[PDB]
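Notes follow once the structure below has been shown.
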Amino acid sequence: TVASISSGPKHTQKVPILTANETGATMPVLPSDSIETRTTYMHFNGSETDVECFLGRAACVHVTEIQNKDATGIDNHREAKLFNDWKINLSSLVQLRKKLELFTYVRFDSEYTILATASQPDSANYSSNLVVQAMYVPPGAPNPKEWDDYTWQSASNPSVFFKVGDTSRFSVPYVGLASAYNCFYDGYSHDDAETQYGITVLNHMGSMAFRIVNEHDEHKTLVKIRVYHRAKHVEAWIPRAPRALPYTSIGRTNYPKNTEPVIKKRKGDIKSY
Amino acid sequence: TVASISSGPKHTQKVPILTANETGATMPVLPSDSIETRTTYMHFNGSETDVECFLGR
Amino acid sequence: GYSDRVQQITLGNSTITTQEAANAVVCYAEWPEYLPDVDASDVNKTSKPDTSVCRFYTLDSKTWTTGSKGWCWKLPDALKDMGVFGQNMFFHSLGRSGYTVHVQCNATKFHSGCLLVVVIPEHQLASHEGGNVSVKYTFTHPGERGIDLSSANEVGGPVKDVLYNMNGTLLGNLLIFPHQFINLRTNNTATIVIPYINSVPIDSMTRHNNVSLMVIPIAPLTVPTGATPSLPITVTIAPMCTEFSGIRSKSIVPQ
Amino acid sequence: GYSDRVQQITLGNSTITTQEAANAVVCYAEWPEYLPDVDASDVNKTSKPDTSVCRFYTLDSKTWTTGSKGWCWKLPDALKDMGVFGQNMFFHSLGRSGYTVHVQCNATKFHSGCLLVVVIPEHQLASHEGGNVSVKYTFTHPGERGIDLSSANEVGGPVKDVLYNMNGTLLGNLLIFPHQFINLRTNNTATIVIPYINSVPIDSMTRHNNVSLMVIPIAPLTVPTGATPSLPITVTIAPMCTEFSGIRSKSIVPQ
Amino acid sequence: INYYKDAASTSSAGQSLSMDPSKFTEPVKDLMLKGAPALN
Amino acid sequence: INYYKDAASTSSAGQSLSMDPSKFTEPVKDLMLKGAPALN
Amino acid sequence: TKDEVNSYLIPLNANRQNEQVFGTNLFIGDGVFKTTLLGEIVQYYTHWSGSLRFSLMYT
Amino acid sequence: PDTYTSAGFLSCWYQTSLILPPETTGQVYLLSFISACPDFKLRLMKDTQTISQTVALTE
Ligand SMILES: Cc1cc(CCCOc2c(C)cc(-c3noc(C(F)(F)F)n3)cc2C)on1
């Protein structure tokens, strides 16, 4: 594959470098169209910039917390973090979000990796070997209310049991209801004057609940859970303007008020180098 | 596998939507039996509802 | 003697001519088409009114002044009240369509100004309030009037900073979307053919706007010494390959 | 075991069933069809909404009592406000259509009564005033409600004597027109398929009613001892092979 | 070799190797030849 | 490849791919044709 | 007020014209459908698609 | 039940009206049935909200 062909002097009626950008087209002008060039080869395929590679690596998409402690007298297990849940979404942590939002529609399979790390902030005689249970609770499935509900039986919901300090790994097929996931959605759930706007109404993927299976020890253990997402078998459509301003909320395109200029201001002239 | 066949207007002596449930049978009536339909495909096998899968976890 | 500048577009009983065009853009190089069986899900036979809805509808003219920020229309919203197309929109549960957008603006060889005409699929607007505030239905359904980017914020409405495309992205990058410029010194019209773009075969035409059209002044308007400091901008849109499905009662929408 | 009595008619997304029919009449043995090139004059490509207008619309039910004289509807008038069909009617200069008329009326094997259901092409009504008085637009455009033959005369309106078919001809000879009877002891529904009948290829659908449908009690209603002395009559009509031409502004008609 | 029954569990797809920028760079109705006047 | 001697130790069977609802939907003695009067 | 054979009986009234007999939204995983075999099985899954067969038998 | 994903509404009305014969009085009822067409698809298995317990059952 040639990068540049050999091209010499020129004196024509054919002017490749004069165009009309109001047509909306970006004419494929090459260096050999405006200067004398020599032959060079690409020695390059562009593998690393393939959308499969671009979205094909794990990125942290959520961090949450649960803890192992005596549940005696706790009236709201959920609030006490005896167990916690995550309303599944990929737009909470901004790094992966900006990448995905480089496109309008996106379709792919997902590979999840869940890392659980223990912590004992105050006096403990040892570190306990806790087992985490991550259960997927799809829309319509009964949500856990107590860390040891009948819901954790998980007869139909899928769930993994892994050691804290260890990692959990599994993949999920493309689960969108449509032919592709929407990164943006200029619409509502119905024609209502007050209903929510944006993908907020589209990305209703249920949530996944986490808990520590072990009963409590004398001391209290804080387990932090990090979920990583890697896309595979990727397809992307309709490229768009990259995000410029900071995000403020999951799902909305909203940006903060009194935000700072994102375009750098010259320390001098428009003639400055 | 077709999900729905193409079906147009109708004016017959053949009434597929009139049955007698006291027979104990659930006649396989389709949308194309009561409305005008277009052709669509299943793109679906029903793997996840196989008893092997249902009790298989 | 055929030129990129002279064109005629005939849809239904409506025809458009322009003697100062700059070619025409066909979004993602795809001409609109009807929904093929292989992609269909909805089993209802669809209705194709053809020429009674696939024709040019001219919106109300806007006035481009030395201080204009820009305008934003949404489809199919902008045509929600246009003849038979509009009626079909509310009488059916689902619908799908493509369009030919034709923006007009003439001046003289003494004027100067440059409008960016761009089509943005799934243009989800942002709330000027930031945080997690939503943008109420009415404010993204301005209809034929469209949204004036130089108008003041309003409760429940979207942010209208031209610089941030009403969505947190920079104006300069709007060119990644199918667009065209109306550079008075070259142009006087912009034409964009939009094919149906969505993650579903067909969809609700009232609760979802597939794309929004934006006409944004980049190089400000300049009129010759002592001339009227304004120019009109006219938007004409024609639906094409329009299909409606699931006919019934007729929606009653917010406001 | 197929019978003349059991039938199903499916048009668009609407279906009708009857288990006590008496066959069905096809006016002059001709099924409705679209306008062929050889007969066309108007050069405009026509619009064929198909299933969005070719479906069954059910009018308001009438009440048949021991003293009812009869009812008269006019087409396309009676459907002037029915969904997309109605809209197309007023948005186009011209149109042409056929219909499937289905009149319903059930009772019991103890009741008795006989309704004449007839379709009359060019049913030009007479003025009760005689002389050379005309019948004003509104009075021949009752819409879905229809004209009640037992109602009193009104200024500008038509004569309503059932015996004289509202036009100076005798009731008994109405049978020369495509008709059917709903004889409670035999029937419960009447079905008539009407092809487009006119001296012109296509026509205005607001200023001209091609046919009028009449439901006239011949043998009076009779209910069993102590039963409600009334029965409802329902009229359902579906346009077929409907074509519209010359789309524009949308008529504004008298009243 | 694939160890699992479902497609979703396989590893990455491998370079699409299609690459056609023209649907974004030249989405014009009338073909424009490099060198020929853009507006004739 | 199966690593164990007994059948019970192998993994899931894979879609039966039979699917005949009629033994539940139409367990009638005399065949009933869609469209023909249910009770003749 | 409680589960009864009567909750399966849709009342029909003589000599009523135009009137409505019954109504219901079509969330097959809730409401009237929730306890039916269809609704019951449907609830073992998150997504559904296809056509429903609704029948009425006169008694 | 999800709004964006709603299926619509089902209703029944009197086309004409119910007529009873002599010496017959009161109410007649309709029985309604629901089932899926071969059209039907179901996916993403999950636990149902139609069953639960507070403690393990014993013999
Ligand atoms: C955009 C976009 C795309 C997606 C896909 C979300 C996938 O949702 C899941 C997740 C996050 C986990 C599981 C899952 N299955 O088993 C487990 C367990 F191990 F966590 F229990 N988790 C299943 C689905 C459908 O979400 N937002």
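Throughout, a chain's letter reflects where its sequence line sits, starting with A, and its residues are numbered from 1. For ligands, and for the atoms within them, numbers begin at 1 and follow the listed sequence. Cropped entry; intra-crop contacts only. For the numbers below, each heavy atom of this structure counts, side chains included, while hydrogens, waters and symmetry mates do not. Going by what the header records, the deposited coordinates were determined by X-ray crystallography, 2.5 Å.
Measured by close contacts, the chief partner of ligand 1 is listed under UniProt as Capsid protein VP1.
Looking at ligand 1, the drug there is pleconaril.
Under a 4.0 Å heavy-atom cut-off, the other chains found next to pleconaril are A. The entry names the source of chain A as Human rhinovirus 14.
What sits closest to atom 7 (C) of pleconaril on the protein, heavy atoms only, is A/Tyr112 OH, 3.3 Å. In terms of protein heavy-atom proximity, atom 22 (N) of pleconaril is nearest to A/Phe170 CE1, 3.4 Å.
In the vicinity of A/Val172, heavy-atom distances shorter than 4.0 Å reach the pleconaril atoms 13 (C), 23 (C), 24 (C), 25 (C). Atoms of pleconaril lying under 4.0 Å from any heavy atom of A/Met205, numbered from 1 in the order shown and given with element: 26 (O).
Nearest protein heavy-atom contact of atom 2 (C) of pleconaril is A/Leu90 CD2, 3.8 Å. Proximity of A/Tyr181 to pleconaril, defined as any heavy-atom pair under 4.0 Å, is confined to the side chain (atoms from C-beta onward).
Against a heavy-atom cut-off of under 4.0 Å, A/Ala134 is close to the following atoms of pleconaril: 18 (C), 19 (F), 20 (F), 21 (F). For pleconaril, the atoms sitting less than 4.0 Å from at least one non-hydrogen atom of A/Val160 are 18 (C), 19 (F), 21 (F), numbered in the order shown with element in parentheses.
Of all protein heavy atoms, the one lying nearest to atom 1 (C) of pleconaril is A/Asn203 ND2, 3.8 Å. As recorded in the PDB, the name for chain H is coat protein VP3.
Remark: minimum distance from atom 15 (N) of pleconaril to any protein heavy atom is reached at A/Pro158 CG, 3.5 Å. Closest to atom 12 (C) of pleconaril among all protein heavy atoms lies A/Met208 CE, 3.6 Å. Lab note: binding site of pleconaril, heavy atoms under 4.0 Å, is A/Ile88, A/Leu90, A/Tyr112, A/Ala134, A/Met135, A/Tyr136, A/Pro158, A/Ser159, A/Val160, A/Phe170, A/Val172, A/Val175, A/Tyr181, A/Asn203, A/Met205, A/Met208.
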